[PDB]
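The following structure holds gefitinib.
Convention: sequence-line order gives letters A, B, ...; per-chain numbering from 1. Each ligand, and each atom within it, is numbered from 1 in the order the structure gives. Scope of the values below: all heavy atoms of this structure, side chains included, with no hydrogens, waters or symmetry mates.
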Amino acid sequence: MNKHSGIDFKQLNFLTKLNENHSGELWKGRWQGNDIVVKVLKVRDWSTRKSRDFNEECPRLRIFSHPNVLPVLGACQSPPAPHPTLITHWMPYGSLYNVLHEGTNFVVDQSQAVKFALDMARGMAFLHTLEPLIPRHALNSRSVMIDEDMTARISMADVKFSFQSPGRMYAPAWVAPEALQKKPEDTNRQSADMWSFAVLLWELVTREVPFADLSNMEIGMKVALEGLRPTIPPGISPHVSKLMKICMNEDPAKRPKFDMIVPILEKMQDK
Amino acid sequence: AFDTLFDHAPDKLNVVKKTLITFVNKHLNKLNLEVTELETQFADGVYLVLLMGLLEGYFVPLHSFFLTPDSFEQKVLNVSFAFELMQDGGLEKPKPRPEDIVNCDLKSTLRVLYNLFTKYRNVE
Ligand SMILES: COc1cc2ncnc(Nc3ccc(F)c(Cl)c3)c2cc1OCCCN1CCOCC1
């Protein structure tokens, strides 16, 4: 009599392991005629409470109504599955991070980069129309995926669930200074996400990983407490400089909403 | 294991202490922090939290612990949180109580640091 049974773990065809780390394992596989990625989550002290929470939080991620949002196709409830598990469609180009920084075959041009920015801004504007907000999605280049036609899509499978440790931040270079220091309840989420978007703009402009020479702990402590900021690159157009600066305003309240920068990025298109 | 390294080799205790001093400074110096005394400088839990993030590759949001603890209880909470990060990283539950670190029990302090050293010797 549950509203959802989730995806049957027994119907997953696991083909090849892609990664393993602190958060779990990623596999390429197949399910009901789909090429998929499976994330098997690693959770210490799994409990019925956490399992209930996982099963309430996953349905919110099944967003099929926007081209720049990649849904979770479904999730395997644990029990009966061996571990809590997420499934999404396989995105052939991988993450935006992969395409920008690990791309061995080609370098995406700046017209494509501007389209990526527009894609991401449209997806985030849509996400911020949802009520309530999807808890705990950190926007960065690893949590945006590039689909078969080069469309950028916000990855809903990369949200942080309630039982995943809030005390460990693995991509602080994209996080707003106030979000390094204050609880999410005390921060305006869309303004914090706009800072992340500004860092994505910086990444698209420089084709460098922000603060690549520093550990995550160095980044978080220096951005939060010592005013460390990305250096605005030389020789970029005044319009791109101006957009980056307004999106990275030190005052969260002065940062634009995503729906206000979508038309700006639309006019920047050249394709 | 840590009974002999502590008790019946007083000059060898100093060897381990100098080794641990070197290891924690390898990492904490990256935040412009220096440790000269293991007897007190980990008692308030702050450097343990910062050390775990340096060793395991994450930032710890400042709302998750007390960066400037103002009570014994906040220091205990910092040490307890650092112990949780320790278990998150694969180490088994630390033997000392949180209070043992806050009270500058050198054996409790040295055991926790040595276990971090045994695991993370080669992290750069
Ligand atoms: C084309 O490759 C991917 C497509 C992907 N498509 C969709 N989602 C992915 N990741 C993901 C991330 C979190 C999740 F919960 C789930 Cl279910 C999936 C994907 C991860 C992908 O690659 C993951 C590992 C990529 N690295 C890149 C180089 O180093 C080793 C492999």
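Per the PDB entry, the macromolecule making the most contacts with gefitinib (ligand 1) here is Integrin-linked protein kinase. The heavy-atom neighbours of gefitinib (ligand 1) at a 4.0 Å cut-off, by chain: A. Protein heavy atom in closest approach to atom 11 (C) of gefitinib (ligand 1): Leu26(A) CD2, 3.7 Å. Taking only non-hydrogen atoms, the option from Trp90(A), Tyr93(A), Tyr97(A) nearest to atom 2 (O) of gefitinib (ligand 1) is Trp90(A).
Ranked by closest heavy atom to atom 8 (N) of gefitinib (ligand 1), the top entry among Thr88(A), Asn98(A), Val99(A) is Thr88(A). By the definition of a contact as any protein heavy atom under 4.0 Å away, atom 29 (O) of gefitinib (ligand 1) is not in contact. For chain A, a heavy atom less than 4.0 Å from gefitinib (ligand 1) occurs in the following UniProt Mg(2+)-binding residues: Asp158(A).
Remark: among candidates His89(A), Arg153(A), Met91(A), the nearest residue to atom 4 (C) of gefitinib (ligand 1) is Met91(A), based on non-hydrogen atoms. Proximity of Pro92(A) to gefitinib (ligand 1), defined as any heavy-atom pair under 4.0 Å, is confined to the backbone N, CA, C and O atoms.
Note: no N/O pair closer than 3.5 Å links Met145(A) and gefitinib (ligand 1) by distance alone.
Distance from atom 22 (O) of gefitinib (ligand 1) to its nearest protein heavy atom, with residue and atom name: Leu18(A) CD1, 4.2 Å. Against a heavy-atom cut-off of under 4.0 Å, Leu86(A) is close to the following atoms of gefitinib (ligand 1): 15 (F), 17 (Cl). Proximity of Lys28(A) to gefitinib (ligand 1) is not established, as no heavy-atom distance is less than 4.0 Å. Gefitinib (ligand 1) has no atom lying under 4.0 Å from any heavy atom of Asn19(A). Of all ATP-binding residues UniProt records in chain A, the ones placing a non-hydrogen atom under 4.0 Å from gefitinib (ligand 1) are as follows: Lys39(A), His89(A), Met91(A). Most residues of chain A touching gefitinib (ligand 1) map to the UniProt domain Protein kinase.
Contacts between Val72(A) and gefitinib (ligand 1) below 4.0 angstrom, taking non-hydrogen atoms only, are absent altogether. There is no protein heavy atom less than 4.0 angstrom from atom 25 (C) of gefitinib (ligand 1). Around gefitinib (ligand 1), within 4.0 Å by heavy-atom distance, are found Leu18(A), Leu26(A), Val37(A), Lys39(A), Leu86(A), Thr88(A), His89(A), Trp90(A), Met91(A), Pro92(A), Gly94(A), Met145(A), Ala157(A), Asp158(A).
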